[PDB]
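Below is Neuraminidase with zanamivir bound.
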Protein chains: 4
Amino acid sequence: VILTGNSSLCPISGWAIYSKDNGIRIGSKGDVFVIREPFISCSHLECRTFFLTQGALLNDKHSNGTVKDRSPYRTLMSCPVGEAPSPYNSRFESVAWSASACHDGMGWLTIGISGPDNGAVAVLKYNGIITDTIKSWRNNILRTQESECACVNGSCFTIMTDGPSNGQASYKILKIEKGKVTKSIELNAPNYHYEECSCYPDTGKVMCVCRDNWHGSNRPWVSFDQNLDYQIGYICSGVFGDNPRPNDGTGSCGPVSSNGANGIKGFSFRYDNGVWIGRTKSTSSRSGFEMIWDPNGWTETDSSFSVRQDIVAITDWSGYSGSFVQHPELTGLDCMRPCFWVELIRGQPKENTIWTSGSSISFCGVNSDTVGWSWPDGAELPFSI
Amino acid sequence: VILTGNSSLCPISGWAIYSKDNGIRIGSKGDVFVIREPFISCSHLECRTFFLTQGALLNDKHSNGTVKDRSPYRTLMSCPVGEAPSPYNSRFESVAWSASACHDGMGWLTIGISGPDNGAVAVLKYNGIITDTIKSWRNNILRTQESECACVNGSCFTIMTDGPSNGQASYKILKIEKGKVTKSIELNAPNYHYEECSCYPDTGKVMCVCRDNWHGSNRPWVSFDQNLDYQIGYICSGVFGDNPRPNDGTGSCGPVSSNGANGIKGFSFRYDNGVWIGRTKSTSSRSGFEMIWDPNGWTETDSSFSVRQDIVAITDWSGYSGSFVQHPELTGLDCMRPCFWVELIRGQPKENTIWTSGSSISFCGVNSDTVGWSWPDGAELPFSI
Amino acid sequence: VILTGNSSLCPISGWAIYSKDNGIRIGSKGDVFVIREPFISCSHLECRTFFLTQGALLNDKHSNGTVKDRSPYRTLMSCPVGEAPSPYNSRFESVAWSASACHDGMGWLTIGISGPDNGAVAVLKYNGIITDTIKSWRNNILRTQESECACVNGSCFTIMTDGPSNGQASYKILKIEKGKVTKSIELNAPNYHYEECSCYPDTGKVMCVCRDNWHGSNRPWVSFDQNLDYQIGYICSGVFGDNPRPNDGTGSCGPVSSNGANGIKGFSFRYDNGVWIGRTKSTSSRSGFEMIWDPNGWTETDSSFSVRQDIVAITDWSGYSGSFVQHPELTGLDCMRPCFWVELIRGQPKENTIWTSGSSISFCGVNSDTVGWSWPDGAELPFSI
Amino acid sequence: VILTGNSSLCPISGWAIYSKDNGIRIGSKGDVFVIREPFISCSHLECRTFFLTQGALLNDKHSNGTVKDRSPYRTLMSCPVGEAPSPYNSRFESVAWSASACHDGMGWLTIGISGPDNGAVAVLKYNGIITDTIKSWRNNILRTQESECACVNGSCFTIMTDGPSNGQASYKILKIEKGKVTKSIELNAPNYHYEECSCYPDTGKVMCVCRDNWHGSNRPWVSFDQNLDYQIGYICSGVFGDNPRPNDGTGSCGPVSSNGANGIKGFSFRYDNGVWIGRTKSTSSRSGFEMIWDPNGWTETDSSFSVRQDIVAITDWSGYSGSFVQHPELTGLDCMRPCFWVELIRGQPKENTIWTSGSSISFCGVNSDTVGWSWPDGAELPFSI
Ligand SMILES: *[C@@H]1O[C@H](CO)[C@@H](O)[C@H](O[C@@H]2O[C@@H](C)[C@@H](O)[C@@H](O)[C@@H]2O)[C@H]1NC(C)=O
Ligand SMILES: *[C@@H]1O[C@H](CO)[C@@H](O)[C@H](O[C@@H]2O[C@@H](C)[C@@H](O)[C@@H](O)[C@@H]2O)[C@H]1NC(C)=O
Ligand SMILES: CC(=O)N[C@H]1[C@H]([C@H](O)[C@H](O)CO)OC(C(=O)O)=C[C@@H]1NC(=N)N
Ligand SMILES: CC(=O)N[C@H]1[C@H]([C@H](O)[C@H](O)CO)OC(C(=O)O)=C[C@@H]1NC(=N)N
Ligand SMILES: CC(=O)N[C@H]1[C@H]([C@H](O)[C@H](O)CO)OC(C(=O)O)=C[C@@H]1NC(=N)N
Ligand SMILES: CC(=O)N[C@H]1[C@H]([C@H](O)[C@H](O)CO)OC(C(=O)O)=C[C@@H]1NC(=N)N
Ligand SMILES: *[C@@H]1O[C@H](CO)[C@@H](O)[C@H](O)[C@H]1NC(C)=O
Ligand SMILES: *[C@@H]1O[C@H](CO)[C@@H](O)[C@H](O)[C@H]1NC(C)=O
Ligand SMILES: [Ca+2]
Ligand SMILES: [Ca+2]
Ligand SMILES: [Ca+2]
Ligand SMILES: [Ca+2]
Ligand SMILES: [Ca+2]
Ligand SMILES: [Ca+2]
Ligand SMILES: [Ca+2]
Ligand SMILES: [Ca+2]
Ligand SMILES: [Ca+2]
């Protein structure tokens with residue numbers, strides 16, 4: 001089976017809860033990795049949670065300093081969806097402080113970036129065997145999606161960035177076939193900033209919705225065909241998607257400068273000229289989560305929208321979010337099912353612990369009845385250590 | 001293989017012990033979930049224990065407050081029969097504070113209800129993929145079996161309730177095929193109350209024995225064919241099945257009002273006009289367990305019975321109980337084998353720990369020699385936390 | 001595949017070490033069951049360690065009182081050979097304070113006895129499904145091998161005892177086919193005492209070597225064909241096999257009364273008129289272990305022997321031992337391979353802990369070079385609890 | 001599938017990071033074996049880490065004294081590559097204080113040496129069944145590779161040593177088919193010393209690079225064909241490979257006596273007359289690790305080399321290292337892929353803890369971009385115990 005990736009997104013009305021791992025609550029007692037940057041990806045047979053460990057467990061002195069993003073100890077590992085990530089249930093994937101993974105219908109591609117900030121190297125594996133490497137081309141923190149790559153017709157596609165986090169950087173699309181890079185192109189995107197892209201397949205092409213850490217509080221997007229012919233823009237809705245951001249107002253199809261510096265990984269799904277936006281509830285901190293349906297928000301700049309569905313209350317911590325899909329080959333449906341996950345970050349810098357970790361929740365789009373609620377992390381901090 | 005469900009219940013003389021997980025005893029030291037509402041269900045290949053976690057482990061501060069029935073942290077998970085439920089041996093099924101599950105011979109159906117009390121949503125999954133949702137229709141704690149659904153001829157069947165726990169509510173039978181609701185019907189049952197049904201297949205139809213929390217100390221039942229043509233009644237025996245209940249006396253084929261409010265999940269198996277009743281030994285607390293064979297107790301109101309088999313002594317805590325079956329496709333027999341499980345609740349509200357959890361035992365009906373004994377939880381409370 | 005059981009024992013010169021689980025050393029820190037009565041049994045594909053848990057882990061207060069033999073919490077479980085028995089790696093088999101198990105080439109038979117001392121019941125399972133029960137016929141601690149049953153030509157065979165531990169009791173051979181008892185016979189053995197038989201297949205028949213707890217310091221044996229036509233005797237060698245026992249001297253083909261009361265489970269392998277005897281090194285305590293080849297010891301009463309191979313030094317604790325075989329279907333050999341295990345008992349009554357448990361070692365017979373040594377338990381008692 | 005072993009080593013430019021288990025960091029809180037002497041070996045389907053436990057876990061009193069090399073508690077076990085070695089994820093292989101293992105395309109061979117120093121016995125298993133034994137022929141610590149054996153065309157090959165660690169000893173090549181020794185030959189190697197060989201297949205033959213503990217600070221090598229026709233020598237490069245060693249200088253094709261006593265297990269890969277040398281960074285302690293490409297270093301004695309790639313900084317502890325290969329049957333390539341692992345030793349004798357253990361990293365050779373860095377153990381000693 002190679003996944004064809006030729007179907008369009010399923011029609012949906014809302015989001016049904018799919019998983020909740022309670023990883024941090026469980027890790028108070030059990031042997032659970034300190035992690036961050038979790039994401040879900042599926043094959044034609046099953047779904048897995050990928051994550052970047054800190055090479056350490058919760059409620060242990062080695063969790064000290066784990067707010068830090070990059071180290072030689074961080075590893076990409078995976079476990080079944082909805083299970084707490086433990087050394088006893090997790091598969092080792094790669095040594096990595098930035099990662100992506102996806103399944104083409106025949107095997108798992110994993111991409112794990114490690115090494116020094118001035119010369120990092122991405123190691124590509126297919127079926128767990130090294131198949132390629134990509135070295136930093138700007139010598140400034142080579143980095144990738146922290147969510148699943150997108151597979152169409154036997155090729156998989158990702159985005160990598162190298163360069164400043166606070167100014168113009170360099171962005172490339174990669175086409176990968178059985179773990180080997182077969183094509184790449186650099187985005188000609190002066191005045192754009194792309195990080196941590198959430199990319200999905202749709203009708204034989206790929207759409208990515210990303211993070212502008214330089215000067216945009218709306219999200220940049222890039223779409224492309226299998227030949228890497230691409231288009232770029234920003235989501236136009238005045239329902240701004242990044243964190244931090246301004247209050248909702250008049251949007252732009254270029255970067256919205258107000259509160260544009262810094263950011264958070266996120267995602268959106270385009271339906272025609274409309275968009276499903278996942279975002280924090282706070283404009284200033286990584287708190288709460290909600291899904292908003294804006295029926296003209298892909299291309300129009302008003303702040304009007306039609307549906308809001310609560311996911312995490314504003315009084316609870318949230319974190320990264322990302323898209324994942326379930327292909328027809330897995331579901332038996334005739335359309336591409338859209339899903340998403342949310343990372344619930346606990347500890348530093350917002351809480352007075354020695355450590356930082358995240359738990360996860362996930363949802364899938366359905367055309368049937370759903371409900372808003374809050375499904376927060378629920379851990380009681382600090383722990384014994 | 002779809003399970004035919006066309007066989008009748010095996011002839012039996014008593015109950016042989018099948019499993020004991022010692023979960024709470026083990027959780028004094030190991031990494032074991034805080035749970036409640038466990039149940040067993042089987043495929044044509046194996047048997048599994050399902051349970052509602054509290055998103056926390058025993059002997060940890062996150063076990064605090066786990067007497068509480070519903071939260072966003074509760075998840076439906078499963079592990080092999082007889083094993084302690086741990087994050088290291090348990091599969092994630094759904095986010096849920098009320099659940100059911102069953103296997104049609106081809107795949108697992110799980111039903112997990114989460115969300116707010118005034119608008120809960122049941123998420124149905126088949127082979128782990130969301131296939132349907134059902135929203136609360138009375139906006140008052142949508143809830144289901146907390147035991148296995150029943151499968152006959154490629155369709156599976158369950159009961160859901162919505163409305164008051166202390167007055168007339170609404171009860172629906174659902175027919176589900178590959179995880180999609182294909183038919184439903186509301187019971188016309190004024191003056192009845194149905195919760196937490198224990199439902200089994202028998203001769204191409206389904207029988208459910210349930211809990212009347214409003215005003216019955218005997219148990220209500222509902223039977224139906226594959227078209228959802230149904231019959232309703234209460235078990236007539238004066239050997240009253242609920243907890244609490246009066247002393248044994250003259251029964252009724254409608255609800256016995258004496259000590260009828262409140263209740264406990266339980267089960268019974270009909271054989272002709274007779275009945276095997278599983279019940280607590282105490283009339284006032286969730287203590288002890290016994291099986292009673294009353295050869296005319298399905299339809300006649302006397303308090304006489306023929307056989308009593310001890311399962312848990314009255315000096316030890318019991319809890320919920322439920323039916324499960326082993327189909328011919330699993331056992332190789334020419335009849336449907338009846339079995340049952342018992343939840344052994346420890347902690348709150350009867351013990352003044354910070355937590356509540358349960359362990360489990362199970363038995364299967366045999367036409368061979370058996371013995372009464374007591375197989376209680378055996379944990380020594382409190383733990384370290 | 002049904003195992004034919006038609007081959008004869010392989011020629012051997014000594015014993016090569018096969019496994020060591022270090023269970024108690026590991027259980028000082030890790031989550032390891034308190035156990036006793038471990039044994040190994042194999043299929044045509046793999047070997048497993050079976051054991052009777054105490055429903056509790058080491059280094060925990062529930063290990064208190066575990067010198068006690070029988071309780072409702074004890075369960076028969078299994079794990080891979082050489083692994084520490086944990087809730088995270090062990091399969092649940094049956095509720096049991098006495099047990100046997102074996103594989104016929106198509107599936108696992110397990111026999112688990114639980115219930116009260118005056119009316120215990122053995123539950124037989126095949127492929128994990130209950131297939132028969134056997135109730136106590138003397139109402140005095142129905143009990144079985146605590147080692148593997150023997151399979152020949154699609155039937156499996158075991159021995160059960162009911163009656164006094166210090167006087168004449170009742171002994172039956174059982175023939176079991178796909179978990180159903182198809183034949184049984186009571187041994188006509190006045191003045192014999194049979195407990196805890198170690199039984200192996202050989203040339204289409206079965207040989208069992210057992211424990212006389214009444215009045216023999218040599219071991220009783222019983223051999224039989226597939227029709228349960230049997231012969232009985234005691235091992236004649238003056239190299240006495242039980243513990244306690246006298247110093248080596250003149251043996252008997254009936255029970256040797258000197259130091260005959262009490263005993264230990266053990267085994268021996270007959271080769272022609274010779275015997276391989278496994279025994280403790282101490283005559284008075286369960287200490288040390290050795291294998292002795294006595295080339296005429298099956299039928300002759302002298303105390304001469306030709307080979308001794310050290311297994312555990314006399315300064316270290318030993319415990320039960322038992323035979324297991326590896327059939328041609330597993331090994332590819334043209335003969336039946338003899339193997340044995342030893343239980344290394346720690347704690348009560350010899351050591352001042354609240355608990356009793358055992359670890360295990362095992363060996364297989366080879367016709368190649370071997371060496372004597374000591375492979376003791378190695379745990380440092382007491383633990384924190 | 002038998003692995004042909006007929007391909008030559010892949011062309012490479014450097015080493016891409018393959019795994020990092022963080023075992024000791026994880027064992028600060030989790031249940032992780034005390035180990036040493038880890039090594040990786042692969043089949044046509046997967047890669048596994050093998051290791052010698054001390055029959056004890058980290059952060060527990062039974063870790064006391066584990067600097068000691070040989071005991072009856074040490075066992076050869078295996079787990080998936082990159083996972084912490086735990087009793088909950090590790091398969092038991094053999095009882096062993098010296099070992100090797102490898103897969104011939106059809107099944108796993110394991111070799112585990114246990115017993116006394118004056119008469120140790122190697123137990124050979126194929127698919128987990130004992131297939132042969134080899135006894136000590138010099139009665140002085142029979143010992144083997146502590147890394148994978150090499151398989152070519154259905155036979156597997158290893159080196160064993162018996163005799164002094166500080167003078168002339170005896171060295172044998174063994175040929176093994178389905179776990180049975182089918183041929184052996186003693187090396188005629190007066191004035192050489194061979195221990196702990198790292199052996200790989202290349203073009204239908206085997207090359208081993210070993211440790212001279214007697215009087216060489218360069219490494220000895222032995223190559224042979226399937227008939228065990230052999231050649232011997234020492235690596236000629238003045239880039240000395242052992243630890244301890246003198247500063248780089250003029251090499252020798254025989255043993256370099258300067259600082260020749262003592263040593264460390266290591267490896268090298270021959271390409272034409274050149275060599276890839278893995279070595280510690282320190283000349284005096286087991287600190288740091290680097291890969292050096294010396295394009296004439298197999299046969300020429302100068303100290304010039306072309307490429308140095310950092311692996312572990314000199315400020316951090318390293319340890320043993322060894323070769324492993326990935327065959328074409330696993331990778332789908334047309335050449336034999338060279339890889340290596342490094343053991344990162346913590347505790348005694350360099351740190352004053354009660355215990356000694358190791359974690360591991362591994363790399364594979366690629367003809368694509370790579371980078372030098374440091375991926376050290378990272379644990380913060382001491383632990384709680
Ligand atoms: C333990 O559970 C109980 C309910 O059984 C909670 O009330 C406790 O919550 C704590 O105390 C209350 C009064 C309130 O201050 C709340 O915010 C606290 O969290 C709970 N204990 C803890 C420590 O969470
Ligand atoms: C810890 O290991 C050391 C070796 O590194 C042992 O000597 C200790 O053994 C104990 O002390 C010695 C002197 C002797 O009394 C012995 O019998 C003791 O066991 C060991 N410590 C412990 C507690 O086993
Ligand atoms: C590679 C790397 O360190 N990426 C960072 C990321 C990054 O700093 C910003 O996008 C700015 O470039 O931000 C964050 C973040 O929480 O904002 C986490 C990521 N951490 C990890 N992936 N480890
Ligand atoms: C959905 C829900 O909360 N169901 C309750 C159930 C319920 O309160 C009564 O049946 C009255 O309606 O009672 C009990 C109970 O122990 O009596 C446990 C259940 N808990 C859980 N399933 N979580
Ligand atoms: C069924 C039962 O309790 N069997 C006992 C056994 C028995 O007491 C003697 O054989 C005398 O009959 O002795 C021992 C023993 O250590 O001697 C352990 C066994 N314990 C267990 N199998 N649980
Ligand atoms: C069999 C044995 O004990 N081998 C030793 C090895 C050996 O002492 C030297 O090579 C000298 O002969 O050295 C070392 C070592 O760290 O140098 C570890 C090995 N330990 C183990 N394999 N257990
Ligand atoms: C914990 O981490 C902080 C931040 O890097 C460091 O400065 C501090 O020394 C650490 N504490 C210990 C005991 O290692
Ligand atoms: C431990 O077991 C003994 C022996 O049965 C018992 O008498 C004692 O009370 C126990 N201790 C505790 C605290 O349960
Ligand atoms: Ca921004
Ligand atoms: Ca709009
Ligand atoms: Ca009631
Ligand atoms: Ca009656
Ligand atoms: Ca005796
Ligand atoms: Ca003799
Ligand atoms: Ca623990
Ligand atoms: Ca040397
Ligand atoms: Ca050179």
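Letters go in sequence order (proteins before strands), and every chain restarts at 1. No hydrogens, no waters, no symmetry mates; every other heavy atom, side chains included, goes into these values. Indexing begins at 1, ligand by ligand and atom by atom, following the structure's order. Looking at the header, which is where the method is noted, we find X-ray crystallography, 1.5 Å.
Copies included, the model assigns zanamivir to ligands 3, 4, 5 and 6. Chains with a heavy atom under 4.0 Å from zanamivir (ligand 4): B. Which parts of zanamivir (ligand 4) touch B/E195 is read off a 4.0 Å heavy-atom cut-off, strictly below it: atoms 9 (C), 10 (O), 11 (C), 12 (O).
Contact annotation: for B/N213 versus zanamivir (ligand 4), heavy atoms closer than 4.0 Å belong to the side chain alone.
Close contacts of zanamivir (ligand 4) with B/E146, meaning ligand atoms under 4.0 Å from a residue heavy atom, involve 22 (N). Each of the following atoms of zanamivir (ligand 4) lies closer than 4.0 Å to a heavy atom of B/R70: 2 (C), 3 (O).
Counting only heavy atoms of the protein, atom 13 (O) of zanamivir (ligand 4) lies nearest to B/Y320 OH, 3.2 Å.
Per-residue contacts place B/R143 under 4.0 angstrom from the following atoms of zanamivir (ligand 4) (heavy atoms of the residue considered): 1 (C), 12 (O). Using a 4.0 Å heavy-atom cutoff, B/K265 is absent from the residues neighbouring zanamivir (ligand 4). Close approach of zanamivir (ligand 4) to B/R74 is summarised as follows: ligand atoms under 4.0 Å from at least one heavy atom of the residue are 23 (N). Here the heavy atom of the protein found nearest to atom 7 (C) of zanamivir (ligand 4) is B/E196 OE2, 4.6 Å. Taking the UniProt Ca(2+)-binding residues of chain B and keeping those with a non-hydrogen atom under 4.0 Å from zanamivir (ligand 4) leaves nothing. UniProt's substrate-binding annotation for chain B and the heavy-atom shell under 4.0 Å around zanamivir (ligand 4) share B/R36, B/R70, B/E195, B/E196, B/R211, B/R286.
Protein heavy atom in closest approach to atom 17 (O) of zanamivir (ligand 4): B/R286 NH2, 2.8 Å. Distances below 4.0 Å separate heavy atoms of B/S165 from the following atoms of zanamivir (ligand 4): 11 (C), 12 (O). Counting heavy atoms within 4.0 Å, the binding site of zanamivir (ligand 4) comprises B/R36, B/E37, B/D69, B/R70, B/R74, B/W97, B/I141, B/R143, B/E146, B/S165, B/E195, B/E196, B/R211, B/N213, B/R286, B/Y320.
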